[PDB]
Asker: 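Drug: clotrimazole | Macromolecule: Erythromycin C-12 hydroxylase.
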Amino acid sequence: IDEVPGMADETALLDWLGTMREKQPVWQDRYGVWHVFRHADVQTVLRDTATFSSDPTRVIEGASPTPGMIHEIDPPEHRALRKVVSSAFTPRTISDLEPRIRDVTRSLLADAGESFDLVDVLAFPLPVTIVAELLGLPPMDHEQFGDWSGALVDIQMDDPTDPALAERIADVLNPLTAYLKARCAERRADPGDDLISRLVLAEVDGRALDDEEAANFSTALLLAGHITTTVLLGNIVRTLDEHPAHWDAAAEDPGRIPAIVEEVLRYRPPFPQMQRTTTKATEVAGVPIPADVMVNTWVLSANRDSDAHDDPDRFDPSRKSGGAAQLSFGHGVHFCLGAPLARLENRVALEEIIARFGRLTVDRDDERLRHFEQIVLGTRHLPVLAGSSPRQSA
Ligand code: HEM
Ligand SMILES: Clc1ccccc1C(c1ccccc1)(c1ccccc1)n1ccnc1
Ligand SMILES: Clc1ccccc1C(c1ccccc1)(c1ccccc1)n1ccnc1
């Protein structure tokens, strides 16, 4: 009746979510937030944007959406802005990144010894380097860019109800946003082919982005790639380490890797929950929910729901997977804009791990392994051990 268990103890959280799907699939917590646990009900909510709005500022007095952020806005404005941003951040822009992601990955892994932190070595520097280059930032600016991004990632280790959270976020986000806004002005003066240049030049149905909107979107790209590569890649290695036969399977046929990625997403989604606000009195699975309250859709619970997935707690890459049905990227019109980049970056990273090492295991003699306590499902670091590498003279 009391409290939502924390992210850190994954077993207890998963156990609790099980009991809820079973006994209270639509639950109202002590703060008046409504949780939704079943795959079918989560889908219902995510599809009905008219009832379940993505704007959480509407019920907070003088707060308004962040300009250039598509995840806080509803149709029809949502469609119009995602059109503008996509015309810049295009499918071909992402896919063209493969050789460089591979190059950076291969270089970063070649200097890692045999015992190292997978996050410090790879999962943290790779996405920052890639986004920075995508954005067109001078190499000399990259370190500070990653410093700002890292500081924001570190904050997510902290309690979200800590009343200083908002202020701490502001002290890093402000200079980061200032920086990007100044780069947008620069590309406006002299546009090239980098993403910031495409952002300031983009226009769809007469809608163009100002430097504020362009910089905010660029900020979301940085933080999205950084946090998610850190979390998903760690989850990939942790999960494979629990089912180590797949390492050999993927070594013999690297074409098996995209399915592994999808199954790790299902099994250990970087974001276990998403939020909506009701716009009117409504119902989920016969349970009445009043107007103007927050609803939490538990992607984690839905992904483990036996009505949606056979033997839902079995790690099994052989499942049908892929595409728009990957609930870990959400569902419907807000389906992750970065899904192609996520899928690409983590596939290349896993290809390269296997290429050099054959496998990694989570280091047992090291608990630098601190789980994110809220928002994210995974760890800030992942101490690993390579049993084999090209460095062995045997
Ligand atoms: C494994 C990696 C990732 C996961 C698990 C993930 C997850 C998600 C989820 C669940 C949503 C939907 C939020 C909602 O419905 O309210 C979303 C939206 C979004 N994601 Fe990702 N994401 C990942 C990687 C990325 C990357 C690399 C980018 C870089 C652009 C990105 C950018 C975005 C953007 C801009 C939105 C808002 C889309 C919209 O509102 O139309 N994500 N993401
Ligand atoms: Cl964490 C989060 C969740 C949902 C929306 C925005 C953010 C965000 C943030 C803050 C700290 C660490 C990582 C991300 C954020 C998301 C994307 C880009 C920048 C910041 N944020 C919190 C307050 N304003 C913006
Ligand atoms: Cl970029 C970010 C940082 C920290 C937490 C969440 C996100 C973000 C998101 C927003 C709502 C629900 C789940 C995740 C996000 C926040 C603000 C703007 C864009 C994306 N995200 C990271 C990757 N894809 C989406």
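Following the PDB entry, chain A shows residues 18-411, kept in their order. Keep in mind that the numbers below use all heavy atoms, side chains included, and drop hydrogens, waters and symmetry copies. If you're wondering, the header gives X-ray crystallography, 1.9 Å. Indexing begins at 1, ligand by ligand and atom by atom, following the structure's order.
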Asker: Provide the full list of ligands or chains belonging to clotrimazole.
Answerer: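 At ligands 2 and 3.
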Asker: So, for atom 13 (C) of clotrimazole (ligand 2), does the protein have a heavy atom nearer than 4.0 Å?
Answerer: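 True for atom 13 (C) of clotrimazole (ligand 2).
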Asker: Can you check atom 3 (C) of clotrimazole (ligand 2): any protein non-hydrogen atom closer than 4.0 Å?
Answerer: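 Neighbour list for atom 3 (C) of clotrimazole (ligand 2) is empty of protein heavy atoms (cut-off 4.0 Å).
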Asker: For atom 17 (C) of clotrimazole (ligand 2), state whether the nearest protein heavy atom is under 4.0 Å away.
Answerer: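 Protein heavy atom within 4.0 Å of atom 17 (C) of clotrimazole (ligand 2): present.
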Asker: What's the shortest distance from atom 25 (C) of clotrimazole (ligand 2) to any protein heavy atom, and which residue and atom give it?
Answerer: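 The closest one turns out to be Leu190 CD2, 3.9 Å.
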Asker: I'm comparing clotrimazole (ligand 2) with the natural ligand. Which residues that UniProt lists as binding substrate in chain A have a heavy atom under 4.0 Å from the drug?
Answerer: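 Sure - UniProt-listed, with a heavy atom under 4.0 Å: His88.
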Asker: Can you tell me which residue and heavy atom of the protein come closest to atom 1 (Cl) of clotrimazole (ligand 2), and the distance to 0.1 Å?
Answerer: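 The closest heavy atom on the protein side is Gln173 NE2, 3.4 Å.
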Asker: If you count the atoms of clotrimazole (ligand 2) from 1 in the order shown, which ones are under 4.0 Å from a heavy atom of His88?
Answerer: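 Listed by number with element, the hits are 5 (C).
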Asker: Using a heavy-atom cut-off of 4.0 Å, list the UniProt heme-binding residues in chain A near clotrimazole (ligand 2).
Answerer: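 Among the UniProt binders, by heavy-atom distance, it comes to nothing.
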Asker: Of all the non-hydrogen atoms in the protein, which one sits nearest to atom 19 (C) of clotrimazole (ligand 2), and at what distance?
Answerer: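 Looking at atom 19 (C) of clotrimazole (ligand 2), the protein heavy atom closest to it is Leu240 CD1, 2.4 Å.
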Asker: Is atom 6 (C) of clotrimazole (ligand 2) near the protein, in the sense that some protein heavy atom lies at less than 4.0 Å from it?
Answerer: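 Protein heavy atoms within 4.0 Å of atom 6 (C) of clotrimazole (ligand 2) - there are none.
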Asker: Check contact between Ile186 and clotrimazole (ligand 2), using heavy atoms of the residue and a distance below 4.0 angstrom.
Answerer: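 For clotrimazole (ligand 2), residue contact (heavy atoms, under 4.0 Å) with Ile186 is present.
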Asker: So is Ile172 in contact with clotrimazole (ligand 2), going by heavy-atom distances below 4.0 Å?
Answerer: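 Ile172: no contact with clotrimazole (ligand 2) (<4.0 Å).
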Asker: Okay, next thing: residues with a heavy atom within 4.0 Å of clotrimazole (ligand 2) - which are they?
Answerer: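 Sure - by heavy atoms, that gives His88, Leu169, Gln173, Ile186, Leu190, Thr236, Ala237, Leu240.
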